[PDB]
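All chains are named by letter (A, B, ...) in the order of the sequence lines, taking the proteins before the strands, and each is independently numbered beginning at 1. One-based numbering, in listed order, for ligands and for the atoms of each. Only this structure's heavy atoms are used, side chains among them; waters, hydrogens and symmetry mates stay out. The header says electron microscopy, 2.2 Å. The structure has been trimmed to a portion of the entry, and contacts are counted only among what remains.
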Amino acid sequence: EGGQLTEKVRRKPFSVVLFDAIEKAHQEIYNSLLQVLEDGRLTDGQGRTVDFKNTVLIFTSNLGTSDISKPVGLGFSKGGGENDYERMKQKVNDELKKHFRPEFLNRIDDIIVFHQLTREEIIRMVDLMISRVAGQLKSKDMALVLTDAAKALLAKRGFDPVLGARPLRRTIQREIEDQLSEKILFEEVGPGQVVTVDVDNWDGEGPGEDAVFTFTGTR
Amino acid sequence: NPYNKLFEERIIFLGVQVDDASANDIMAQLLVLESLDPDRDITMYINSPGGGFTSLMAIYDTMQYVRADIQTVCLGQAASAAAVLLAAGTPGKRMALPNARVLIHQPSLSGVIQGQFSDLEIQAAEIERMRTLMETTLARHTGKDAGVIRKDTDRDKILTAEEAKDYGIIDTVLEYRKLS
Amino acid sequence: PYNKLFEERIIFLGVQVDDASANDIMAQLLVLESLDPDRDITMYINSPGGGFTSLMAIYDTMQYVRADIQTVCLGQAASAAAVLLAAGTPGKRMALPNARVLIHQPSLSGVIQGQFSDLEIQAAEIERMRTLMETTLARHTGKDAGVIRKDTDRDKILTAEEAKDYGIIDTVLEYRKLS
Amino acid sequence: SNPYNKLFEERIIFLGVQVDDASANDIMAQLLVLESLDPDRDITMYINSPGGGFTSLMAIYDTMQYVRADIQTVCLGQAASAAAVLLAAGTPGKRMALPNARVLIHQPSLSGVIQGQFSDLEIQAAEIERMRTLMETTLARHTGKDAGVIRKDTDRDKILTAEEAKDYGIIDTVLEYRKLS
Amino acid sequence: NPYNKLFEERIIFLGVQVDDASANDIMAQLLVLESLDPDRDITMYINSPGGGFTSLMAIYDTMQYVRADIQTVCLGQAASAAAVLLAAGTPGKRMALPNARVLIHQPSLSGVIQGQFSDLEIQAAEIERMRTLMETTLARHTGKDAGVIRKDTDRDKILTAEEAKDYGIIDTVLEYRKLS
Amino acid sequence: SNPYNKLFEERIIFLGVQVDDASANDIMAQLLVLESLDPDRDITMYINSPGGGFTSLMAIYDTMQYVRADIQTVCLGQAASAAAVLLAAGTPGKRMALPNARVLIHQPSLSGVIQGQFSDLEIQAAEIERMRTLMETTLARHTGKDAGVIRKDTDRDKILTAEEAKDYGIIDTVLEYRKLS
Amino acid sequence: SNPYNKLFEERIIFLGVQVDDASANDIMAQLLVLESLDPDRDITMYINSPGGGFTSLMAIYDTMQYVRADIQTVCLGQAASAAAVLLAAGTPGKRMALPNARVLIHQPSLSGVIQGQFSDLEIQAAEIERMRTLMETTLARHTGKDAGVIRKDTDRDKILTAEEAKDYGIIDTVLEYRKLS
Ligand SMILES: CC(C)C[C@H](NC(=O)[C@H](Cc1ccccc1)NC(=O)c1cnccn1)B(O)O
Ligand SMILES: CC(C)C[C@H](NC(=O)[C@H](Cc1ccccc1)NC(=O)c1cnccn1)B(O)O
Ligand SMILES: CC(C)C[C@H](NC(=O)[C@H](Cc1ccccc1)NC(=O)c1cnccn1)B(O)O
Ligand SMILES: CC(C)C[C@H](NC(=O)[C@H](Cc1ccccc1)NC(=O)c1cnccn1)B(O)O
Ligand SMILES: CC(C)C[C@H](NC(=O)[C@H](Cc1ccccc1)NC(=O)c1cnccn1)B(O)O
Ligand SMILES: CC(C)C[C@H](NC(=O)[C@H](Cc1ccccc1)NC(=O)c1cnccn1)B(O)O
């Protein structure tokens, strides 16, 4: 066997190769991948050079945020909201230079430090994650409407400014799905139209942690 | 050290005369504990005789700057600057032990500073700026009117902990966990 | 040898009660509360006392902790240290047989100057310090505070056998070997 | 590790004490090490100093101007005499101060009397005017003032609150608290 | 240290002026060696000029408290407070080197203590209580009658080791292991 | 590690303090260790000293002339008396100074009065003229002056700015900042 | 490791300070350890001392004469009385000095007045003449002089330059620099 990476790229030369959690590799596995970046070569153990010249090599790192994420920085400083992203970029790009040899980072075409998800983007993540839930209820002869007051309540309770959209995935799981999964098993919301309106309405503003979703099916 | 065990559980410790040496230590301690846990409360133990106004406002601004709420605890004495730092904790916090001695009084000059009357007009405009700032600071932390603070800190105002709670310096007098 | 004493939960007063010594003992009392809150802290007292806010810093902390405080007077408990000696738990508070317990009213070390309005307050405080020293030494000795005021009018040196009769200590500590 | 070592690990030098030959030599050692560690990441300078010392000032001043790292000066409770010049000596767009910091600018002095012949004292006075003019020239290109305004203002002790040291040009922003408390 | 090797072989070491610093060290040393071996004898080396009565009776009571017998050894000097600690060892023990200088004398006040005559009536009733206790302590350890101790410690009574054995301060004058 | 230890690891000795018997003995120990580590790599000498001491001067002076490593002297805020001679004592093509450094050259003095018979004082004065002539001879082959010019200039305190200590020959270049700031 | 520890590792004892009971006891401990480490490899002695102390002199003197290792004395900036005797006390064919070292020989003195009866002072003067004669006898078999020449020359302070301490016999060679600089 020629290795997991060298075969999958030799079968599909035009690929996107994701090296997920790249800082969790040993530091001597980057040195195998140095000439993948610069020459498009990775000669396998059998000796066949594999073409990486048509791949999109994506490395994914949490370096410089596997801690700095926590708000506030050691000491005094101006601004927050867009200077904590410049604090993010300086922290991340220094953790990359600390962790990687400078000839690895020299060979990367673009290092993109990612933004924390803003409150307006977590609202649009709700549209994207209910669509996974509603897409599963299509297979059950159901539909899932999610009212716009219920989009806002998921968006507040799912917004962590330092994790983003994975806490929202938990809130949609805890509040929509885990409540909707028993309603399917009660057969109280079988093949119909689950509307999911908010009730306490959380006044649409302020905290809404006394508010609750209600699931009713019609048609 | 036992102090290192206190700092590991996020307790800064004033302890000594508030001067440039002591203020610089506490600000270093406040910012490290902000960096370790910015959401977990820093506790501040105060057994200080006070003194020093810029050393006060160095500690004061830093414990107001940090994201962590400051739980000030007066041990035996919170005199002068120490009493302003005692009121400088978070509301719903600011304990004091039942026989603590809170002492508020107006700023002074330790010893005479000489000079021309134009030099002394400025050293007196500063000691009134220091006095007004000490009364403005001790007004939004005690709920008083600053003019009441000026009338009360006209002399030494020694407060027992039970009447530093009525004054607004502290919020609760700290009950003992065992009677003993 | 002090670290071996602190490992077996013995804080050690030893020196002049001041802001340096009170801050050490309060750090020692709270660490031993965190290590074992149910096992008794022992306090060895060989101090000449002094300092009232340093007294009431140590006093409140040894009253605050959940661990009962076993005070032991070594050779001397004077001024602030005799109040800390009485500040231990009842059924505890030992003293060695030739210990010297010295209770007396608070003083000002040296003269503090000022206007008579400044000195009216420094005297209302030294009477508040005196009344607090007599109130503290009344619920720990069982006396009536007015008896404490009449007795601490001057230096009242107590032998350990008559500091037990006074209520400062509860037992005079018998030797384990005759020698 | 000391809490100061944790500050220096996150690239915060700390003035703290009286600016003298001992304190200036420490800060210059701290400024050059942090230039060697990261020359592109900003050194932060915390200032709680009563100042004093002009050659110790200009030793710290030239070093924090020499290093490639931008200096973020932060006044803690006090920047007096030489320390207020070091506070203005930070990078523009930086130079914070806490809201109750006390910036004190005044002309150079001689601590105590220095004796000598009048030819010796003509030179010790030409130097204290060279020290004065340099202190006003330095505090002019960092505050945007005209040196003659600095000379009229540092004629006596000029105590600046942080909100009016920002209007003076000593600092650029008064440092808002992260929590209200 | 060479002192640590002595303490490892259970030798506490007086050495210095008996004060609050020195008494607190020796009591810490006496109790650790009681905890290590309560049945093996603690040896006490005394080269002290004495001084301090409550520091004396702090050391005295502790070396009487511990279960381990105390072997006191006078090195060059046991002068008041330290001569009482020298007699405070166990009978059948209490050595002294042949040119040791045992000095017993009544308690004194180092310097004048001022006060009202009611204050000084008590500071004198205490220095007589200190004197009587010093003579009572040095009577059950020397076999004398306290009144003989009072007549002998009226002034400085310097004892050679050969006549501190006749006095009852020590029990044997310590013979050299090599003649040299 | 101290920040001074990081400087010494990169071969920077540091004068810093009053040139006395304690400070001269440290620097000579530092100069000889760095000669033994790399005899061909340049020792850098940072000078923020008020000077003083002539035999402590000539102890440092002879050692930094003895070692095979070229000495790069850098004046930080001050090179006074014994320290300005050590500043000129670096290698030609070297001897930097920061732009607001204060080079102070003056003739040797006696700190306080030394008593004695006039035969004792004839010798303590023949020595202070031997110290003066040696200070002017040393500061002549390192500045290119004629010693008699050094004697006329160090008659009093001659404070040199770094830009005019370069014209004097004390230093060879005024040290440009790496960042404008 | 200190820079002094690196010098002592390469068998360089270091006088450095005022010759007193503290400094003599250190050097004798250093001389005997280096005799025990290598008795055949030369101990080097660096001397920057102002001297003082005659029994502290003769404690160092006898120990550096006792050890089997030859002593290479090197004068750094100063060898005053006591230290100049220790400088001459090195081995012949050794005893360097740096070119601007200041060798100062003079007769023993009493620092301050010692009181007493005239029978007490007859003995304190017979001792200071025994100290003087011993200082001149010691400095005669190490310089090749006649002691009476040493007595006439150390009548007052005799400051020797290193080039004329070689002509005097205190040192044997004036130490050439390894780099010109
Ligand atoms: C909180 C206020 C009342 C401060 C109190 N103490 C002061 O006023 C202190 C005492 C002091 C210390 C040094 C020099 C002059 C004066 N005031 C100052 O710090 C001070 C400093 N410079 C000028 C004017 N006042 B207190 O003792 O902390
Ligand atoms: C148990 C109580 C009485 C403690 C007593 N302590 C005192 O008398 C001490 C003596 C002292 C020390 C420093 C400055 C002024 C006075 N009292 C005080 O601590 C004190 C402090 N400030 C004002 C008034 N008294 B002890 O001496 O009897
Ligand atoms: C920002 C500038 C003005 C720094 C000022 N520093 C001084 O006034 C200090 C005070 C001082 C210290 C020691 C010896 C003599 C004088 N000025 C000097 O450092 C100094 C040193 N030598 C000659 C003249 N001035 B500060 O006090 O305003
Ligand atoms: C065995 C007895 C006599 C001890 C002797 N020591 C003393 O006399 C010492 C000398 C002294 C020391 C401090 C303050 C006042 C007096 N006595 C005391 O310790 C003392 C202390 N307070 C009141 C009265 N005496 B002896 O000189 O060592
Ligand atoms: C050394 C040259 C550069 C000129 C200056 N030297 C001095 O003034 C110093 C000041 C001083 C120090 C100690 C004892 C007496 C005098 N001169 C000497 O080092 C000195 C030492 N012994 C005798 C004569 N002069 B400068 O360093 O202060
Ligand atoms: C001449 C040589 C031997 C040394 C020179 N002078 C001495 O001999 C020294 C000078 C001195 C130093 C300190 C204290 C008292 C006296 N002589 C003595 O040490 C000395 C000691 N006791 C009695 C008499 N002279 B020089 O000062 O070291």
Query raised in the report: Which of tiotropium, tedizolid, bortezomib, lincomycin, vamorolone would you find at ligand 4?
Result: bortezomib
Report task. Count heavy-atom pairs within 4.5 Å of bortezomib (ligand 4) for each chain, then name the one with the most as the PDB entry does. Result -> ATP-dependent Clp protease proteolytic subunit 2
Query raised in the report: Are any other chains within heavy-atom reach of bortezomib (ligand 4) at under 4.0 Å, and if so which?
Result: E
Query raised in the report: Taking heavy atoms and a cut-off of 4.0 Å, what residues surround bortezomib (ligand 4)?
Result: E/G50, E/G51, E/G52, E/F53, E/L56, E/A79, E/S80, E/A81, E/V84, E/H105, E/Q106, E/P107, E/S108, E/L109, E/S110, E/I127, E/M130, E/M134
Query raised in the report: Would one find an N or O of E/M134, backbone or side chain, under 3.5 Å from an N or O of bortezomib (ligand 4)?
Result: no
Query raised in the report: Judging by distance only, is a nitrogen or oxygen of E/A82 under 3.5 angstrom from one on bortezomib (ligand 4)?
Result: no
Query raised in the report: Would you say E/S80 has any N or O atom under 3.5 Å from an N or O of bortezomib (ligand 4), going by distance alone?
Result: yes
Query raised in the report: Considering only distances below 4.0 Å, what other ligands or ions surround bortezomib (ligand 4)?
Result: none
Query - N or O contact, E/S108 vs bortezomib (ligand 4), cut-off under 3.5 Å - result: yes
Query raised in the report: Should E/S110 be counted as touching bortezomib (ligand 4), given the test is an N or O pair under 3.5 Å?
Result: no
Requested in this report: Look only at interatomic distance and state if E/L56 has a nitrogen or oxygen under 3.5 Å from any nitrogen or oxygen of bortezomib (ligand 4).
Outcome: no
Atom pairs and distances, bortezomib (ligand 4) N/O vs protein N/O under 3.5 Å:
unit_1                : atom_1 : unit_2 : atom_2 : d
bortezomib (ligand 4) : 8 (O)  : E/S108 : N      : 2.7
bortezomib (ligand 4) : 8 (O)  : E/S108 : O      : 3.4
bortezomib (ligand 4) : 17 (N) : E/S108 : O      : 3.3
bortezomib (ligand 4) : 19 (O) : E/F53  : N      : 2.6
bortezomib (ligand 4) : 25 (N) : E/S108 : O      : 3.3
bortezomib (ligand 4) : 27 (O) : E/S80  : OG     : 2.5
bortezomib (ligand 4) : 27 (O) : E/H105 : NE2    : 2.9
bortezomib (ligand 4) : 28 (O) : E/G51  : N      : 2.5
bortezomib (ligand 4) : 28 (O) : E/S80  : O      : 2.8
bortezomib (ligand 4) : 28 (O) : E/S80  : OG     : 2.4
bortezomib (ligand 4) : 28 (O) : E/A81  : N      : 3.2

